[PDB]
Amino acid sequence: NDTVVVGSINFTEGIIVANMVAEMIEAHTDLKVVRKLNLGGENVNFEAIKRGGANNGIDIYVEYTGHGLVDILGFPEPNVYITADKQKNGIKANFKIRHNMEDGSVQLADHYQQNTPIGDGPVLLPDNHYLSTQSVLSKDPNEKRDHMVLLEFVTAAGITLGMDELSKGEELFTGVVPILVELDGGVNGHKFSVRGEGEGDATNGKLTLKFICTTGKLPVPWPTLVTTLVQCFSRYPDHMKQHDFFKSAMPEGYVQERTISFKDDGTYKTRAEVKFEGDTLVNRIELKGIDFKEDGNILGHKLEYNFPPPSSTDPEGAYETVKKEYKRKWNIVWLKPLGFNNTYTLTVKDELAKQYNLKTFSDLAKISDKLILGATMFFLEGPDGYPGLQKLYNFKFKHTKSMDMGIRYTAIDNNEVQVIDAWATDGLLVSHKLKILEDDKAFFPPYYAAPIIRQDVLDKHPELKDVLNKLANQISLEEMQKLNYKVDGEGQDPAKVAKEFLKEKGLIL
Ligand SMILES: c1cnc2cc3c(cc2n1)[C@@H]1CNC[C@H]3C1
């Protein structure tokens with residue numbers, strides 16, 4: 001029982017950090033340590049550590065906060081990605097909601113959305129951006145009716161202020177606006193009505209609403225109706241205020257049509273008119289749900305009364321969100337960060353960048369048709385990589401070829417490929433005369449690495465927390481770059497560099 005399991009993915013950095021963790025545990029404790037190295041897969045560690053060292057899994061492994069968000073929250077999907085549809089003079093939007101269940105499961109809700117101005121006046125057709133939403137569901141203790149108290153914060157992002165620059169409907173949201181919401185719905189023949197009253201502050205992006213089921217008991221769980229039940233109250237920062245389509249349609253309003261597909265269950269089809277009446281912003285919705293299962297998760301009320309927390313783009317917020325959602329669900333402890341952010345970045349030959357005056361990803365996308373992308377498997381398959389990039393940046397590459405790590409640097413050196421997915425810790429970025437490009441639309445989450453341990457393993461031997469926090473903020477990105485290079489440039493074995501570093505900083509000896 002004295003032994004423990006430490007897992008790792010198969011890439012240069014992960015093996016090194018796993019050997020570092022093992023050396024720490026064997027030095028500052030008298031514990032036996034195993035070094036498991038799982039390969040391939042899709043989010044493999046997560047499953048291995050869900051199993052544990054007893055079920056031939058893992059107990060401790062190093063994870064990055066962005067991939068953690070992808071694990072627990074499915075990072076790119078909860079963001080409401082908005083693009084412009086010039087045909088219908090409006091906008092289109094895509095996202096997914098992950099409804100928690102009692103048995104740790106997740107019910108998927110795929111949202112496709114169209115918005116079309118009701119009036120015939122001019123409206124703002126925006127560039128690709130996204131809405132980040134935080135939703136808090138609660139109850140009134142004194143309300144005997146079936147209800148939901150909802151409090152929302154919506155902020156727009158995905159557009160940069162480049163220190164180079166400076167509507168009629170917006171003037172209607174300067175103060176606090178009353179909000180009426182009326183939803184007439186039918187799901188599998190169940191007819192119901194929901195009436196919600198509240199207020200909205202668009203300058204802060206805050207919504208405070210109370211919804212009541214005026215027809216008795218609601219035949220569906222409340223969180224499935226949260227998206228359906230006022231995107232004009234989103235806080236748009238000044239530097240992208242000319243991209244708020246919703247406020248520009250006011251006071252005439254807009255039609256919001258939505259198709260919500262529940263995985264392995266029925267679907268909602270909703271049409272709403274969001275418009276001003278007197279001084280009140282009203283949202284009138286007709287909802288028709290069909291093909292639902294009577295004992296399913298929706299018609300069986302198998303969804304918890306909560307909402308997944310928002311996947312933040314701020315490093316501190318990202319770390320804390322991932323730590324909280326790992327501890328709450330699946331009972332997994334995030335330890336202190338090692339102090340280096342190994343993020344994806346689209347790097348080019350700096351000669352090419354000088355030739356085409358490429359500074360940011362947006363500059364790269366406008367000429368992406370002439371270029372070839374050589375990316376790793378994890379960047380072409382992971383939703384936090386190229387597929388998630390494309391729903392914000394509109395990259396149109398001529399070719400995309402998955403390549404083993406290290407092959408991509410020697411391939412961009414010989415112009416077999418123009419753009420590669422360089423990881424910031426690869427020491428090869430300086431030695432190949434390359435250039436990282438600015439992720440101006442801020443799609444990528446923070447990828448600060450930190451170790452991860454199970455709670456029961458932390459309980460059987462309680463000293464592991466302190467012995468693994470010896471590495472907290474000890475490895476800078478440039479330090480890790482030198483060591484990664486020692487493994488990738490020179491032929492040195494991974495464990496040797498780990499022992500050397502821990503001797504150098506006075507940890508292993
Ligand atoms: C799936 C699971 N974990 C990953 C960790 C990393 C990557 C891709 C992954 N894909 C690289 C990008 N950021 C941290 C490293 C390296």
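Index from 1, following the sequence. The deposited model was determined using X-ray crystallography, 3.2 Å. In what follows, every heavy atom counts, from backbone to side chain, and hydrogens, waters and symmetry copies are set aside. Start at 1 and go down the list; that is how both ligands and their atoms are numbered.
Going by the PDB entry, the chain with the most contacts to ligand 1 here is iNicSnFR 3.0 Fluorescent Nicotine Sensor. From the options girodazole, mexiletine, varenicline, the one located at ligand 1 is varenicline. The deposit credits the origin of chain A to Thermoanaerobacter sp. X513. Binding site of varenicline at 4.0 Å (heavy atoms): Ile9, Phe11, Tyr64, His67, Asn342, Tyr344, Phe378, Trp423, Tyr447.
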